[PDB]
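Following: one structure in structure tokens, then a few remarks.
By convention here, the chains are lettered A, B, ... following the listed order of sequence lines. Here chain A follows the PDB entry, giving residues 2-187 in order. By the PDB entry numbering, chain B shows 2-187, in order. Below, all heavy atoms of this structure are taken into account, side chains as well, without hydrogens, waters or symmetry copies. Whatever order the structure lists them in is the order used to number ligands and atoms, beginning at 1.
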There are 2 protein chains.
Amino acid sequence: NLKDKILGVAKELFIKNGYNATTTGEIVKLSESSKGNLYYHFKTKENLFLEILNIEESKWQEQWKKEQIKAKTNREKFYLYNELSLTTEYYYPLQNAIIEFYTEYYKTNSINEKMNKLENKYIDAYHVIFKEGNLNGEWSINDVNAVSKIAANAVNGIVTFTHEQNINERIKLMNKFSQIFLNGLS
Amino acid sequence: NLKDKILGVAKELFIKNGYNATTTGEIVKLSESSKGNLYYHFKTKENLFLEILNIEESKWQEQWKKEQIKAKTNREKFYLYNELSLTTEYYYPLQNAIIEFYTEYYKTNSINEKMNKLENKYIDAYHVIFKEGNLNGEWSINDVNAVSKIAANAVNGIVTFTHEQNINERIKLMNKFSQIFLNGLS
Ligand SMILES: COc1ccc2cc3[n+](cc2c1OC)CCc1cc2c(cc1-3)OCO2
């Protein structure tokens, strides 16, 4: 459990103080742990942070696994997933500590590698919507991996680079894109 | 020069270290300048940054015009614009700096007031490529302004969230996208 308490106190610390700002001395004392132990488990603050990101991503995966019960067809699952990504980012705290981490440990192929292994988990989501949609012939795509990376990064920049518009607008652009994209696949 | 040897050091500094990573002291120091210089020409530091942005947005917008003849129809102009975006040296590079800086000053108003200013220069290249396309007959888009905004960001996502993998796979990815997209329009 001492492992988990470290993960827990860290997530919080990162939300309240940001990334570069949180210190491992803090992490160790607030988790009533030890420097030694922390090294044993994570080796670095960067990996500590990465581990968190896996666990969040694990929750998200799970979160969505239930929210999708209200999407009967895959066309639907595509529109809904794109939206949830847009809406649920507004009020998702970690988001700042991530932006702060990514725009730093970005130039390190070292971290950037573990970073991608993770970026794929968020990409498979689509991978599946497209596969299924295929079997249920909702469309007939055939390089689901390419189309999937395209969708994940398109959606992603709509989410990221539109922060200046008021939410009722962003959610409007996003649904349109889902249509134009989905449209261009048939 | 002096003032043109400052922007010269900021540009690069922002691109390397980050929006934060590079501090006022940094700039001026490696800029061989006085901390006052900044004051009369470059108001604030976020100002020196919001400056290098239009600089970049123009240099690129310009380079685009000089090469956009290679593309005969507007449908070709679409692929090409997106294609070149991946390879330019202008603007796109400090796209990270942007993200960081937007979330680090979004709780102010000189943000939307000037972001949207740079954001209208940005999505403009598509405005014309789509507008003309209507005139040209290559397609019919009623919401051009909308579509421009959407396209510009999906594309900025692809250019940005893929900077690490083989430069040629990007051009491939980007082109299957430009296709899926133009397809959804007609
Ligand atoms: C409401 O809760 C949310 C909402 C949204 C979340 C979004 C993401 N994660 C947790 C979330 C979460 O965790 C609880 C972790 C992994 C991830 C990788 C990404 C991405 C978004 C996310 O964009 C592209 O790469």
Open item on the list: Can you remind me what the drug at ligand 1 is called?
Closed with: berberine
Open item on the list: Quick one: what's berberine (ligand 1) bound to in this structure? I mean the chain with the most contacts, named like UniProt names it.
Closed with: HTH-type transcriptional regulator QacR
- [ ] Identify all other chains that place a heavy atom less than 4.0 Å from berberine (ligand 1).
- [x] A
Task: Site residues for berberine (ligand 1), heavy atoms under 4.0 Å - done: A:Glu57, A:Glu58, A:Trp61, A:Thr89, A:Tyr93, A:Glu120, A:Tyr123, A:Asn157
